[PDB]
**Q** 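Sending over a structure with metformin; questions below.
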Amino acid sequence: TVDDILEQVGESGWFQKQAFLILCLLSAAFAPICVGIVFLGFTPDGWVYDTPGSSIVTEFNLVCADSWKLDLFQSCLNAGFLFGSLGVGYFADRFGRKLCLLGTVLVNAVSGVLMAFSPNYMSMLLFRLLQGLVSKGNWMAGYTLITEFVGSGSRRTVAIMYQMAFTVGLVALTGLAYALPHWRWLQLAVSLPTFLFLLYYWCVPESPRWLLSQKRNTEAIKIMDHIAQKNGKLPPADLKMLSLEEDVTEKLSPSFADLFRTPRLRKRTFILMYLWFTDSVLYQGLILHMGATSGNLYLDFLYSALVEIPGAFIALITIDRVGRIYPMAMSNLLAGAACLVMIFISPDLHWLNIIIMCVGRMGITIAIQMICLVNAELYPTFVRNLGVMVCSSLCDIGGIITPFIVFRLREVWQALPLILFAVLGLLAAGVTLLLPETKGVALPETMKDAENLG
Ligand SMILES: CN(C)C(=N)NC(=N)N
């Protein structure tokens, strides 16, 4: 199979390290497509806006349809996510993974370049929809590819280090937003590492599991000897692409074969969609809990962006031995019991508000780090379609429902949204962390996992 030859080969070799840096340079490009609107949505105030830079609000005249503008903008981005979920979930299974990712990166690069010189607001909306759709496809495909590519005992290292790469992408976005004469300079500076990825994407291999599922043993042997020659060692071909006698046709029934696995997979994928929805809603509620500003213009966003590194390092230290479901329970209970304190009286002589908000964030970031890792480890039949469906098709619902509901609630009553978010999160997502599946150090992706699971 793949795990035995991966253990017999260098799982963390130097070629693996340069491929890791290349897909990390992919990972830092996912910051502004999801969170960079805060650096593009400055609203300082015949309408005159006093700011040395500019924004979309300064560019247009958003004084009577300002609420109709940005809400529809982010709703169209999340609709682009909604199309892109099913789109890449079937397209990666159809035309493979690596060529899909390369073409999708090229489309992202040309779409960002054309976004930098957007003529009209209709072009703005269309390009934002296409950008969101493509960028979500790129990031999820890259994360799945490198989760599969690394060996058995080093999945978490890769996953947590790429969440760290996303964090340093937000940090570099905050550092870049200091030099903001127009949004165009920011977008043009962001779009250049995508071309760097395209330039240095000629020396990256495919996914051995998906390639082996195509019964192409020759190119599997080719990529194994390429990996061995890159590390400069003779490969101990114990299996020699044995393929475990796999002959099942790829994409036989994506999400249609779950009827035979109803008592064993339906409840698991349901609780996974529940946990994704809870993470998205709680995350957005904690961002809007101050409305992305608290006495500052950039320091609040840095506090909401540099908080991920302590959570990531805590996860990397913690989840090696205790498992991957107890971290879910600890993170969920900590987030709930941290956000529940804001109902109490504000700190008269201390900083309890920022303390509970930062520890709640830490809990939510530990939860989001894991949700992706356990999703990649699970859905053993085909990790692409089902994994994207649980990842993105129940996060776009959070993106379309969560800001409108909490905005209207904070317009009418502060107490209801925080209480409902805390109750739903704490109770339901702590019940959700009650072993959806048995955890194993190995990472196979065959249907034998679905029918056995140890
Ligand atoms: C990257 N995007 C869109 C997030 N909202 N991240 C998140 N922690 N839910």
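Heads up: numbering here begins at 1 and tracks the sequence. For ligands, and for the atoms within them, numbers begin at 1 and follow the listed sequence. Values below: all heavy atoms of this structure, side chains included; hydrogens, waters and symmetry mates excluded.
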**Q** Which macromolecule makes the most contacts with metformin here, by its name in the PDB entry?
**A**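 The chain with more contacts than any other is Solute carrier family 22 member 1.
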**Q** Write out the transmembrane segments of chain A that have a heavy atom under 4.0 Å from metformin, numbering from the N terminus per UniProt.
**A**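 Segments 1, 5, 7, UniProt numbering, each with a heavy atom under 4.0 Å.
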**Q** Can you pull the source organism for chain A from the entry for me?
**A**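 According to the deposit, it's Homo sapiens.
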